[PDB]
Amino acid sequence: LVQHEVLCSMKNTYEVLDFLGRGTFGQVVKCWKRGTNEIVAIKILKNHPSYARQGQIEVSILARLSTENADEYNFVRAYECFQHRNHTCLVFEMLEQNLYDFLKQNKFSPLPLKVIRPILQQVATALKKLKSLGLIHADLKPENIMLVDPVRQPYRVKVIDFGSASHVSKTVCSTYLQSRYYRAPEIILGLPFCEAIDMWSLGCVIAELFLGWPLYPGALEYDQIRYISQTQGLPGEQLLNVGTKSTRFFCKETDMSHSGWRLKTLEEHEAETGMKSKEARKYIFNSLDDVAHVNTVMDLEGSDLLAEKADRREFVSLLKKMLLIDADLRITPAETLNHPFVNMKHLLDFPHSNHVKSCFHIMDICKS
Ligand SMILES: CCN1CCN(Cc2ccc(Nc3ncc(F)c(-c4cc(F)c5nc(C)n(C(C)C)c5c4)n3)nc2)CC1
């Protein structure tokens, strides 16, 4: 389906104005709710039977989300639902700009920590509501986080993809289910995955926002887990033993000096798959603590700088806790909202610092 100007529904009717996206997910288009001054986004799903319950499940969760009022929990609001030419449509409120196109706007300049904080706090409260209902987003990525109104509401945001969401009843992963740069280790190796899958995605997102570039811009799933263990340490023996896909990226060295597992050398991969592995990280780290020493020229002197050095110490502290290789030990939405970095406890230790007075003024301004 596709058209340039026309549509209708049960109580409402919509005209299309411009295209907003088109791909495997279907087709999203921006429309005008005639009779009012609302512009809405409505997403059409393709009308093929093999994709039947893939659409039935997205509506089933959208309904379970309108009830329980996910709205005002920093989620996009789903207005109504209907059909048109046998296709199925979903009406959403219109948001302005997603974080990818926002980073691209500043030529991928790093965003300062003072701005990153309110965004995280909101995306955390949105995931917190998910866990309390038992849902997994599964596609949390920069493209799926948007500024309500980046000019009239400088920092409010909301989430906006559900084509990958599912209940926690699943305990098995058959194929890929995230955007690669943000796919959690559970998906890459093949283990029973939980809602932590998204908390990983949030790790690469806030990391991407601070560095200005993907933390792990792997070209293939191999490159991905290569960058990960190379930075954070090789995964744990118990994880790799029960992973289905772990034979594809790791080898079981039974050498005299073996803990049971070693990563496959590049040469072993290029000889196996035939694909030369190009380095893709704009940033290469030996440790995650190493992240605190990046983009270090600040134009701040005096107390302003010491506060910034303490803000970074607590940033890596949380990033490490969000990016635990293990799924269970990884920090949970409720616990991140309590971590000192979102809390800002460590900032109180700094009286009359004009950099700290401006950090608090960003959290308080988030409510308005
Ligand atoms: C070539 C660039 N052109 C011009 C720039 N433009 C950027 C852009 C993107 C989105 C919006 N507005 C908006 N508001 C509310 C919504 F709910 C969705 C929404 C809902 C869904 F279910 C989706 N499922 C998927 C896969 N998407 C993707 C489209 C993210 C969904 C999006 N989108 N405004 C501008 C892109 C096209």
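Chain A residue numbers are taken from the PDB entry; in order, the displayed residues are 184-551. Atoms within each ligand, like the ligands themselves, are counted from 1 in listed order. No hydrogens, no waters, no symmetry mates; every other heavy atom, side chains included, goes into these values.
For ligand 1, the correct pick from quizartinib, abemaciclib, pemafibrate, pranlukast is abemaciclib. Contact analysis gives the chain with most pairs under 4.5 Å to abemaciclib (ligand 1) as the one UniProt calls Homeodomain-interacting protein kinase 3. Defined by non-hydrogen atoms within 4.0 Å, the binding site of abemaciclib (ligand 1) is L203, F208, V211, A224, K226, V259, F275, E276, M277, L278, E279, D284, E326, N327, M329, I343, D344. Judged by heavy-atom distance, the UniProt ATP-binding residues in chain A that approach abemaciclib (ligand 1) within 4.0 Å amount to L203, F208, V211, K226. Lab note: most residues of chain A in contact with abemaciclib (ligand 1) fall in UniProt domain Protein kinase.
For chain A and abemaciclib (ligand 1), the nearest UniProt active-site residue, with heavy-atom distance to 1 Å, is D322, 6 Å.
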